[PDB]
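Reminder, nothing fancy here: chain letters follow the sequence lines and each chain counts from 1. As the structure lists them, so they are numbered: ligands from 1, and atoms in each ligand from 1. When reading the values below, keep in mind they use all heavy atoms of this one structure, side chains included, and skip hydrogens, waters and symmetry mates.
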Amino acid sequence: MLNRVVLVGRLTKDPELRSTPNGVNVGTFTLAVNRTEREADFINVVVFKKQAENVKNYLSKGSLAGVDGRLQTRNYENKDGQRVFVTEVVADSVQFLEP
Amino acid sequence: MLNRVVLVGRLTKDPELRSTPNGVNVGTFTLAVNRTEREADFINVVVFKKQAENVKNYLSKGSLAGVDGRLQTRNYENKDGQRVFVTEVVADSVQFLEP
Amino acid sequence: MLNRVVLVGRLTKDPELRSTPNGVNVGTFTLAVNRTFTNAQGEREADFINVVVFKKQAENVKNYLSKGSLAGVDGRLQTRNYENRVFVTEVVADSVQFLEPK
Amino acid sequence: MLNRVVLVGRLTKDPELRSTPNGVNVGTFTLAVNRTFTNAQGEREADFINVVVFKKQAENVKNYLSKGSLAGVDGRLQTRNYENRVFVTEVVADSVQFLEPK
Ligand SMILES: O=c1[nH]cc(F)c(=O)[nH]1
Ligand SMILES: O=c1[nH]cc(F)c(=O)[nH]1
Ligand SMILES: O=c1[nH]cc(F)c(=O)[nH]1
Ligand SMILES: O=c1[nH]cc(F)c(=O)[nH]1
């Protein structure tokens, strides 16, 4: 079913790459998108494979970047017995616009 | 900054309209979007004003509906001393497709 | 660079299948996507976007979609021109949602 | 019905402002939006979408945007035709992000 998200925002931290038990890389950053008295929303992005590593190369805290992807929800149990409901954006592609 | 979300999914419950302290209506439903071994993500939608009331009229649990909007994050403290981080989709428009 | 298009419309004619010399299928319909917002005259307008799908999907749109089918489209917007130079724009679909069983 | 377009490109020429008889401004540029994905020949392609903005925004795009400016666009896709009947498609922008200070 149609599920589409396009974003331009700035990374809050540096991208965090980590290596999965299957052996494939998984990227993590947060995009801060000023809303178009100014507030910004903070979407969490997830990238995989080739795209994931590129973001570790070129993107860093404060980089302006564009994102095209699908919007996903997962749930897990955190370090204690609590159920975290997460919503995030898995990026089909990630465009480096300006630092 | 660019922030755009388009979705087609099915309502999980019936839409919940409620009336705000300012006097304006605020709509609430959850959209279940099968991903294009089938899983679905559950995005929470928010509508306001005219659009909000329409969804109470015409949409109900299981209605297939399309959504165009922006992606927003808010935080609050829940009934106990816990900080809920929420991400949701405020709908610029809501299209009734099929029940 | 970012380039994305989401659309819900009804097909004006029936879908047209063709094959490239390369061996890959190419589906064709044009969508009638009513505007959600009324215009200054208070009347309701429609745009007619031309969609293109490729490979396996093109066969599915040929199988299940027909004139008047309600359908969703996710894709990018592409511009080409060729000789009698005609300026064409249409929507190459990454995916196509059939919003009707028929 | 859903109809949405997001784009990031560079302007090919400088923005063109005009005014309607109604008194409302209408901005014009065309964007060059490089494809993110390479083609079968391994070369990089670009689409040239024509954008339209209205009212106050049109003046801002005229003020700050110029040929080669990197810019973001959020809007819908509209189809019109008129007499010498020319088939035009372009992107009426709900909003326009200036991705460069210049
Ligand atoms: O400012 C932030 N808010 C929320 C986050 F998840 C984050 O990384 N940074
Ligand atoms: O199945 C559901 N998951 C999450 C929700 F918030 C909801 O309302 N329904
Ligand atoms: O109703 C229509 N108007 C214009 C077209 F090109 C078409 O296919 N159908
Ligand atoms: O490089 C260009 N190609 C085609 C066009 F219409 C244009 O404006 N610029």
Asker: Which drug from the list carbachol, fluorouracil, tranexamic acid, ulotaront, dichloroacetic acid appears at ligand 1 in this structure?
Answerer: fluorouracil
Asker: Trying to figure out what fluorouracil (ligand 1) is stuck to here - the chain with the largest number of contacts. What's it called in the PDB entry?
Answerer: Single-stranded DNA-binding protein
Asker: Which other chains are heavy-atom neighbours of fluorouracil (ligand 1) at a cut-off of 4.0 Å?
Answerer: A
Asker: Using a non-hydrogen cut-off of 4.0 Å, what is the binding site of fluorouracil (ligand 1)?
Answerer: A/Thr12, A/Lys13, A/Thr30, A/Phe42, A/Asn44
Asker: Can you help me out: which residue and atom, if any, share a covalent bond with fluorouracil (ligand 1)?
Answerer: none
